[PDB]
Asks: 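Notebook entry - examining structure containing bortezomib (bound form).
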Amino acid sequence: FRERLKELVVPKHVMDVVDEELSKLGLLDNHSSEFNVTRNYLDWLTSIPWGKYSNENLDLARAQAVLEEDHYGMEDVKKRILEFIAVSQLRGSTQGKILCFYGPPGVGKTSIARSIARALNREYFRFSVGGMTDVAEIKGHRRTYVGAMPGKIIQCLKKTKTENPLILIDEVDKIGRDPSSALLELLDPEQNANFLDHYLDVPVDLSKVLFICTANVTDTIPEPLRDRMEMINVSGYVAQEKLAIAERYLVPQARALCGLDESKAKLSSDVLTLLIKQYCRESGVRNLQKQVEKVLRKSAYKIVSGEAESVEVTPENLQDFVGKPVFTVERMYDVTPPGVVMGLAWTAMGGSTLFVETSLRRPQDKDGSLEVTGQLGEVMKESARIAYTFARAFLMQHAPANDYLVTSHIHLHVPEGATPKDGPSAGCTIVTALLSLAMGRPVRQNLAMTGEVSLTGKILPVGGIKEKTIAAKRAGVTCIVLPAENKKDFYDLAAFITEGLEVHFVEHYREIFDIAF
Amino acid sequence: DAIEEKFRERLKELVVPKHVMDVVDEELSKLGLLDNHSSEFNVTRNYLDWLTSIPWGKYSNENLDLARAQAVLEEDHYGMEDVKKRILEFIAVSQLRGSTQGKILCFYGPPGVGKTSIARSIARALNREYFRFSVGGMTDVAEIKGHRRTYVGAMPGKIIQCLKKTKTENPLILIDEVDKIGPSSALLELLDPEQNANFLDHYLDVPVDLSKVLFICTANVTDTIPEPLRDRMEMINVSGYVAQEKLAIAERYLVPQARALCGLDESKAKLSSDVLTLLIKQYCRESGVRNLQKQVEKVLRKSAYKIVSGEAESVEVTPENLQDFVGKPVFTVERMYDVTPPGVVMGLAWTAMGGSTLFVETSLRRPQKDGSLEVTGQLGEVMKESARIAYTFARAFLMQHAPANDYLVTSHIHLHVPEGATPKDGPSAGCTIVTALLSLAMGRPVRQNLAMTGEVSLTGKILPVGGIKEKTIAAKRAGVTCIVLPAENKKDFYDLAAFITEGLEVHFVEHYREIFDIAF
Amino acid sequence: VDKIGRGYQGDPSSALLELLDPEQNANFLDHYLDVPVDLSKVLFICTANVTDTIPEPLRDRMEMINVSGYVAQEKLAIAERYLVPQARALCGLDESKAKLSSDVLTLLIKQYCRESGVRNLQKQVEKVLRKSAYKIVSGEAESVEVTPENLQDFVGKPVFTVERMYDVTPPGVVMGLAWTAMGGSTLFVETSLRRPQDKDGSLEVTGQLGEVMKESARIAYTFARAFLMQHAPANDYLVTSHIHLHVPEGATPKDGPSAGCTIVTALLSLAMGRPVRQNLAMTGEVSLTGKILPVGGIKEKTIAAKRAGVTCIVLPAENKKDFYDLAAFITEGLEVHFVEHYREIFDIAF
Amino acid sequence: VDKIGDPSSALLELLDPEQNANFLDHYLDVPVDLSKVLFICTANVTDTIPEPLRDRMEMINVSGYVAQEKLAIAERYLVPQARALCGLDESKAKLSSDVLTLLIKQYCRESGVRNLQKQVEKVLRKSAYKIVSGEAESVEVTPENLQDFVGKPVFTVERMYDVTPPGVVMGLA
Ligand SMILES: Nc1ncnc2c1ncn2[C@@H]1O[C@H](COP(=O)(O)OP(=O)(O)OP(=O)(O)O)[C@@H](O)[C@H]1O
Ligand SMILES: *[B]([O])([O])[C]([C][C]([C])[C])[N]C(=O)[C]([C]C1=[C][C]=[C][C]=[C]1)[N]C(=O)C1=[C]N=[C][C]=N1
Ligand SMILES: *[B]([O])([O])[C]([C][C]([C])[C])[N]C(=O)[C]([C]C1=[C][C]=[C][C]=[C]1)[N]C(=O)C1=[C]N=[C][C]=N1
Ligand SMILES: *[B]([O])([O])[C]([C][C]([C])[C])[N]C(=O)[C]([C]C1=[C][C]=[C][C]=[C]1)[N]C(=O)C1=[C]N=[C][C]=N1
Ligand SMILES: Nc1ncnc2c1ncn2[C@@H]1O[C@H](COP(=O)(O)OP(=O)(O)O)[C@@H](O)[C@H]1O
Ligand SMILES: [Mg+2]
């Protein structure tokens, strides 16, 4: 009854509400519907914590030791959390921000939230806005409908019993059809102080909550939401990074979940590099986690079934635990013919490498044409047209007797003809492929290039230098050609990502021609 | 019975009209006959709760001191001249007629230019009550007009809830994002001085008097607003700020507020004007100070960390060490061509994020039966048709000027506008395309620091264009020293601040012959 | 009534079919009363902007009567007889403290307020009046006068200033008239040789033309060929030349079956190397054999012609009733020629 | 579980092993420990609304059956149960192996046995009628009268060509 509120610091308006609802409760009689609906209303109103904050430890070094020990890498998230702690110290009060991590699947966006709430000692709640289409799942129903529930944030405040509980909203890319309004008001510093749930009319404060959001790509998020939160990039890992993550975090966790311990089941680091290079193709450690779980589960069975008293997974018997090595190519061409050139692409899942093939379409050396296939977007077809024009101009100025590309009928294809692809990059790639076909020369053998081209030959910047460079390193390239204006993007990469890479920053195509031949 | 007294007491400080009093008496006498357990009693008590929580005569005591209100406005925002002049005229009229009043305004402009915050500043300057009301993406008319008492989940809609929350009958309601409304025929009644005096909410079933509410709508564009709704409300433009205004805003409003938000002191964290100019010029590219606020907050956060953690006792940010806080510059090019080849010409464009500079490149698709022109660069249909017009006029002009050229009628040309991923549109760049074609044909480059904008017709007439301010700013920023505008944009250009048109040798033209004699 | 929601759950425009039945109003059955109520003595008045959005069964029960817009003279009368006095009653000013002379109001209508309604004129009037009130109550003045020179200091910069692209027409252009919501509008039709020689010819059109207008261009091109063949059988222009036709202001979309005669005249003037009469607008749909067919919006087109300084207007002969139903001040100084076939337009224009 | 309608958060809380020990139901005010019950859930597509379920739910994929496995299933489990349901027995109505392979190959090609079950029930109902009415004191189904029981074959010869001319080549879909 009224004892659930003597520990709470109840506001005045909600005090009037609970008083008038107590009057209604007392005037009504038992075993009646109205009695029960008022009972539920008052129970919900007296279950909300109206004045309490969780004791938040603003100690810097302890929180840094907490964060740095349960998650590898991810410097941006930890730096932002430490600055958050510093600002909370200076302000003297417990404050709240709105953050958003975006990155490929399985890079720690969800577990870093839990470790963060453990560091700040706040509570923790998670709920996904993925498939929801009606706003009553957040704002709640109304007290009049036959089945009435107060939503999914009042439930947070009730079960956590706090006013700053670090709500994590997973997967805000997926949104039905628009609850984005309720989302924004929930994620707005001007609409947070008063929330006004639908079930219980009285508003509640949310300006102390720490809203963390996780997405895979920023563009599917509504533009209104793309301004009420900061954007921290959680990036994918490399082979050695994945291996460190595996050894230090995945094997212990999966093992302690399966029941075994360090003696009864081991995984040599060579087995882990096998499960990384071949049995997995990703920028995260999700499928790697599944593979390690499968290995340890079969190990647990072989233990309990009495086939062996301890298992040591080696490269010699990994097949008995996972089967055959999918992904045993790692790049289409090993030695490129005169017509094909390696290019770099990227997407939300991470970087990727692709090739641009050219060929003659009719048997000779009335102008030539250029067929283009490969499920290419409109921008990519226009870039191919620009590349064709500039390649003809360049071949005329450099080898005025070739006559190729002027009388020849060419066909240009980008393999994997099933997957669609777009973008203004690979213009320099298309120019290089056409010129190498016209000259009958193959380009340097481990070489990838990325960069937009213009009708006069200038090389314009591109995007996603980090992921493209990761993919080029993984595909085993030694040289790489970039636009000169992406130097600042390239030199933000860690020192171990750009070790065996010979880099060239160019402004005009003549430099790319000098490099590729 | 005590609820009869509670309802009859709420209407003591109110001057209730006659029809509302009739409805209240009927509903009270009806409530005095129901059973406290039936749903009829619940719905009648809800009706009498909503009927008495309307401020039937309660007005707020507005501040009508012009000097006090001007001082309030001038110390909350910066340079919103038209909005402040409008509110001062509003006060002047309310003072000259002695009674309160209501209007329906619409502030429209690019994002982040303080449209939705000047509303709160005005509500404070006027001593009104402020209410937020978002309409973007709304689809249900029952949010404006409500449902009957009959239905279960029945609320009286947003305006009645406003009147109940603000407790005054002349609040300031900010109908936000009327250009993105999904439903809009209810607003035709909400804000229409004819019907406005008797607004019928479907729940109350008794008309309210919104004739003294100051409605303020915000939008980014006026093209997506229905024509009658644009006919109802008054449009007031809130344009984006130039670099100097952005600097003044950062120095006066953004850095102090971000220090307050980060819990700093002025002695601890300092940002010189050079650092702020560097931010504005290189780390953010938009019309209003919205990303600049984020950059300032980031710098101050990293300063707070360097202090609390124990690095230093004071942080003094310089244009040198600014990298250690926000990283490397983002927009440090300012121009694609330094010396234009014989076939490229610099044009001007603009968007909601300010103005831009783009070049029109041309070249030969085939060596040395007529010619063709292939255009690429993600051009809209208007831009492609302008390219066709430019091609035809360039052919005719070169025929009349150099009759023995034979170019432009026998050559196959490719025309490109770089940044091939960016979609472009608009009838301008006609003169730019004509100049590109003629320069490629004659083998001559244009004047070296020259930008031109203007729609061309089939006989060579230069027609007016839009966004002279933004194009002029972008040309000045890109190091342009000669600008060629249409003659009918002369007043648009001369109504610009003196610090924009300072070092620009401008030329106003009517026919293309004048542009040709300039550019060559 | 043209804005009722036809939602997934609810179509009230079908429940109106009983409320507005001239014969079945006498027994209108409400679902709460369950007793028919005689409604045949009620004066129902509906208001709409567009008529086609009302279902035909419903549109048949109403007596649709039209409330047209206002021409400049009616707008000036409305202003100085209802708007300025009401604006003064609102802003609490007096006739003696700020006077809006008829010259100022005429200029304000001519340059700023051009649509059919009278709702923007109200806003400009009260803008002037509130700026005067702020000058007065702030002590910057004790009385304000608004003249046609300091008007731009009150309302801003004019919105309409040119009214005419070409003042003297070259051998390829010809003036046509259009219907707009902001009064009428004048537009020209430019034609130009596209290739360096006077294997057949071709016509390319630009200017954001609708489908009906492109078809009108095709028909006008065919008839222009036929007419120039019968008239000057040795011209050979329009048969082997590559023409480009442009309706300037290439950003705004334009449509309609009019401008047939305009396009024929443009092509013929280009072929003969002759400009048309220097103050001559024309409008009319042409057919494949040359017949000039009726058009719409005669009031607006005539207003726009008279406003752009046109002295000779040409209309189809079946628009004579439309033209002579216009007020006396609209059609007083215009030499109008009504035509049935195109040959008459050719004789007028040359 | 993917045909569920708030029941989503209710299940999300129920399956949780930290809220498992205290499951207070609205009828019994007394809590009950459910930390010893074993929960299994089945579905057909993993495109249901809650994603944090799939974080706690361990997905296992039950693939289809090739024709041999379907025939073995039909001979061992399906036909006995259908006989039990129709009241027949192996002496009265017999379904040989070749007729079952024919039935699978020409009528039921999906990944499950939902269609083959209805087909064998159809055969057994026709057989029950034939033995009760008196057309035959015992029925023997054979690949030359199965259509008299189930109607026309659904699938066909599967080879448009037997010997390919110079132009045509067989691909697989
Ligand atoms: N001239 C100015 N003076 C002071 N502050 C300003 C000014 N312009 C913008 N701001 C600041 O910008 C911030 C946000 O601006 P606001 O959200 O009002 O922009 P907006 O135009 O409403 O954006 P949107 O159209 O997207 O709603 C406010 O905190 C405000 O202080
Ligand atoms: B480039 O950076 O623009 C690049 C060119 C690529 C087609 C060789 N495009 C991409 O990488 C796109 C993403 C994108 C970039 C820029 C604009 C629009 C889209 N990714 C892909 O095309 C792709 C295709 N298959 C697999 C992975 N990624
Ligand atoms: B012009 O004013 O028409 C201009 C031509 C430009 C492509 C050289 N176009 C634009 O300025 C458009 C805005 C617009 C104006 C008029 C009608 C429709 C649209 N802006 C852009 O195309 C653009 C492209 N890239 C970056 C920024 N703006
Ligand atoms: B005509 O009367 O059809 C005319 C042809 C004009 C392009 C020379 N068209 C219009 O008047 C249209 C309205 C219309 C009337 C009748 C049928 C279809 C359409 N208006 C416009 O074309 C226009 C032109 N410029 C600006 C705005 N509107
Ligand atoms: N640095 C890391 N240390 C430990 N675990 C990691 C790390 N990076 C990723 N993981 C693993 O990734 C998984 C979480 O991925 P998540 O961020 O949920 O991806 P998504 O939400 O995009 O599917 C966890 O199993 C976690 O163990
Ligand atoms: Mg706004």
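Below, read A as the first sequence line, B as the second, and so on, with proteins coming before strands; counting in each chain starts at 1. Computed over heavy atoms, backbone and side chain alike; hydrogens, waters and symmetry mates excluded. Counting starts at 1 for both ligands and their atoms, following the listed order. Contacts are counted only within the shown part of the entry, which is not the complete deposit.
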Asks: For bortezomib (bound form), what are all the matching ligand numbers or chain letters?
Replies: ligands 2, 3 and 4
Asks: Report, using the naming of UniProt, the chain with the greatest number of heavy-atom pairs under 4.5 Å to bortezomib (bound form, ligand 3).
Replies: Lon protease homolog, mitochondrial
Asks: Judged by heavy atoms, which other chains are less than 4.0 Å from bortezomib (bound form, ligand 3)?
Replies: B
Asks: Hey, which UniProt domain of chain B has most of the residues touching bortezomib (bound form, ligand 3)?
Replies: Lon proteolytic
